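Structure (with momelotinib).
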Amino acid sequence: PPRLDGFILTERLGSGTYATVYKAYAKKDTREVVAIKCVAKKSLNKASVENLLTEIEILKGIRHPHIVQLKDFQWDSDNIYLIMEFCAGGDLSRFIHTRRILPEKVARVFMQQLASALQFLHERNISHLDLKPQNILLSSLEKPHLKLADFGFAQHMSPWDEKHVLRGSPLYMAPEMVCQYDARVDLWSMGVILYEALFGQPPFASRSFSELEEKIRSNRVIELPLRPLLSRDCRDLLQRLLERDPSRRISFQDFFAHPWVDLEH
Ligand SMILES: N#CCNC(=O)c1ccc(-c2ccnc(Nc3ccc(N4CCOCC4)cc3)n2)cc1
């Protein structure tokens, strides 16, 4: 791994074609623990100092209990270092899948954590995410707080081959997205995540890509499986997140004031 002025790099947590994320203990503090994303400068489309630091200022100001904090930004001769809040529970995708499903009560707590993050971000006109359980992390396994993460560093630290890099998971992408579309795609995504939490797999889970495409392009309303049976409110919310016509899909205003979501926790 890389040696850094302020931290000791322990386990590998993540790997990309270009980046690597290590866990880290602060040197002279040790109880202080971070996740550090490392990216070689050679992999990046070079950028203004103005523009990059401007973007880092903006990311560091995106501070919410259910968003992974960018704590600091460092660099050396070879790399950049995005120093993040460490989430010790791992990703929401393992969490669901190793438990098969989450019961409605737990799903609910999680959705209100994720919605409170999304409302905050919506207020700031931040949107068009790649929301999925793999980019959502857990503060711990003990009574976990979910944390939205950005697994794809972008904008002024984008790579040279940005126009040849494929973006989105299609199991979480709003169909209008995969085929002109506003931030209401994020509400679709929330729907997929809720559905995956209650039923164990995204609505469009599939053996193959043609199978997947079929489902994305279909006009069938999404059928909720029979079990578990869920409260009338949960089912209302979920049906209205998973509406294909974005015009017909729930508003952000309605999502945030929706009874099942509370937002009077
Ligand atoms: N390169 C690349 C692609 N990955 C990321 O961008 C990425 C990965 C991890 C984190 C991150 C941030 C904060 N905390 C953590 N915690 C974390 C803890 C455990 C695990 N896993 C434990 C189980 O095995 C898989 C790793 C993953 C993340 N990760 C942020 C971005």
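Residue numbers start at 1 and run along the sequence shown. Just so you know, ligand 1 is whichever comes first in the structure, and atom 1 is the first atom listed for that ligand. Header entry for method reads X-ray crystallography, 2.5 Å. The analysis underlying the following values was restricted to heavy atoms, covering all of them including side chains, and did not include hydrogens, waters or symmetry mates.
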Original post:
By the naming in the PDB entry, what macromolecule does momelotinib (ligand 1) touch most in this deposit?
Top reply: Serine/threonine-protein kinase ULK3
Original post:
For momelotinib (ligand 1), is there an N or O atom under 3.5 Å from any N or O atom of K37?
Top reply: yes
Subject >> Atoms of momelotinib (ligand 1), numbered as shown, that sit under 4.0 Å from any heavy atom of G90 >> reply: 18 (C), 19 (C), 20 (C)
**OP:** Provide the number and element of each atom of momelotinib (ligand 1) under 4.0 Å from a heavy atom of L137.
**Re:** 11 (C), 12 (C), 13 (C), 14 (N), 15 (C), 29 (N)
**OP:** Could you list the atoms of momelotinib (ligand 1) found under 4.0 angstrom from a heavy atom of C87?
**Re:** 13 (C), 14 (N), 15 (C), 16 (N), 17 (C), 18 (C)
Original post:
In chain A, which UniProt active-site residue has a heavy atom closest to any heavy atom of momelotinib (ligand 1), and what is that minimum distance to 1 Å?
Top reply: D130, 10 Å
Original post:
Which of the listed options, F86, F151, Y22, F153, holds the heavy atom that is closest to atom 7 (C) of momelotinib (ligand 1)?
Top reply: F151
Original post:
Counting contact residues of chain A for momelotinib (ligand 1) domain by domain in UniProt, which domain has the most?
Top reply: Protein kinase
Original post:
Nearest non-hydrogen atom to atom 10 (C) of momelotinib (ligand 1) belongs to which of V33, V39, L82, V21?
Top reply: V21
Original post:
Is it the side chain, the backbone, both or neither of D91 that has a heavy atom closer than 4.0 Å to momelotinib (ligand 1)?
Top reply: neither
Subject >> Under 3.5 Å: N/O of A35 near N/O of momelotinib (ligand 1) >> reply: no
Original post:
Is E85 in contact with momelotinib (ligand 1), taking contact as a heavy-atom separation below 4.0 Å?
Top reply: yes
Original post:
Which residues of the other chains approach momelotinib (ligand 1) to under 4.0 Å (heavy-atom distance)?
Top reply: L13, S15, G16, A19, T20, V21, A35, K37, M84, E85, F86, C87, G90, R94, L137, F151
